[PDB]
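Model: Dual specificity protein kinase CLK3 / ligand silmitasertib.
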Amino acid sequence: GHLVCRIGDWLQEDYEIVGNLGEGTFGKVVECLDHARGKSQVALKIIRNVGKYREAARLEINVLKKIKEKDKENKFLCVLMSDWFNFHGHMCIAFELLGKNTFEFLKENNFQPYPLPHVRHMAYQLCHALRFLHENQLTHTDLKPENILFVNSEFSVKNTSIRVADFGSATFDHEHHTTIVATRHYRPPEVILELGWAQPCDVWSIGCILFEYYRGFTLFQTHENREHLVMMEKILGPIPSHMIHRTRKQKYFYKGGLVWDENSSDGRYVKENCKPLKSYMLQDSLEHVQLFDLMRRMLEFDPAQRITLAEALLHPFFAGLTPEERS
Ligand SMILES: O=C(O)c1ccc2c(c1)nc(Nc1cccc(Cl)c1)c1ccncc12
């Protein structure tokens, strides 16, 4: 179960619960203030009191600790842990309080896109943020607009400074890698086909995420693996032959081709809605085709070929940045 807490209640004599920020499958996240940071507001993740979620949070904390000792002064746009503790079996982590995540704001705007300069700056942050993560033997395994926070989402949102949050899935290079790892919508072909994954996973997701920013809607609105693959093929091109010879999950294929009932409800859905990636472009200017060229390289089927965030940052699309955007 959860925790015995209403508003005004105190934790460890530092925080007072002023209200709820959200609640999920892991526990609560509440808004607070601090005695010793004096007046200071924080989001306070509070993991439930069950064995498995506890041991899990611990691993997460280890991640946030590592993030907090490389990012010397904090130029890398990761959510900052300000404190953690074991408040009676419920692991608790104090994060610095931020705005709404890039998806709420998109929902509140009735799912209509951020303009290109908005995207371009968010992409820039995202690449930069995760490249920092990747050069420290990490993979966030759960990127998705819900997990990217605006520092402040005053509204067009006034300031496109963002943060990456919820490292509850971040995995180190030594650690055991689970077979399946992303959010269905942001999950790369190598994971669907169970070919092992690592950092490139993140880049695939990031592509999906930038698509969603630019158009307002999820790129792979799907629920089953087979459909998901078919969407991939229609939008990005045929799945590279060596990836099919190399896959255990052959149920999805026949004679090196995807098995698909085009007349099924998902078949018809795909035919009506899924189009080549180029054709989802709004305008044909340069700063648009550049963005899409980036996205396509981010959505390379083959994770050994897929561009890296270190390479992504050397892209002519980012040329369109404000020098105050630049840092
Ligand atoms: O996991 C983290 O690192 C994490 C870290 C910080 C926040 C967060 C999740 N979620 C917030 N929002 C939120 C919104 C809906 C549901 C839930 Cl459970 C939480 C939030 C808000 C303001 N400042 C920091 C955060």
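Residues displayed in chain A correspond, in order, to the PDB entry positions 142-296, 310-481. Side-chain atoms are counted along with the backbone in the values below, which use heavy atoms only and exclude waters and symmetry mates. Counting starts at 1 for both ligands and their atoms, following the listed order.
Lab note: binding site of silmitasertib (ligand 1), heavy atoms under 4.0 Å, is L162, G163, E164, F167, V170, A184, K186, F236, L238, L239, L290, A319, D320. In terms of protein heavy-atom proximity, atom 23 (N) of silmitasertib (ligand 1) is nearest to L239 N, 2.8 Å. Short contacts between silmitasertib (ligand 1) and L238, defined as distances under 4.0 Å to a heavy atom of the residue, involve ligand atoms 22 (C), 23 (N). Residue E164 has no N or O atom closer than 3.5 Å to an N or O atom of silmitasertib (ligand 1).
The largest share of chain A residues contacting silmitasertib (ligand 1) lies in UniProt domain Protein kinase. Within silmitasertib (ligand 1), the atoms closer than 4.0 Å to a non-hydrogen atom of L290 are 7 (C), 20 (C), 24 (C), 25 (C), numbered from 1 in the order shown.
For silmitasertib (ligand 1), the atoms sitting less than 4.0 Å from at least one non-hydrogen atom of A184 are 23 (N), 24 (C), 25 (C), numbered in the order shown with element in parentheses.
Near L162, meaning under 4.0 Å from any of its heavy atoms, are these atoms of silmitasertib (ligand 1): 13 (C), 14 (C), 15 (C). Of the residues that UniProt lists as binding ATP in chain A, those with a heavy atom under 4.0 Å from silmitasertib (ligand 1) are: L162, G163, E164, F167, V170, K186.
Of all atoms in silmitasertib (ligand 1), numbered sequentially from 1 with element shown, those under 4.0 Å from a heavy atom of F167 are 18 (Cl).
Polar contact with silmitasertib (ligand 1): present for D320 (N/O pair, distance under 3.5 Å).
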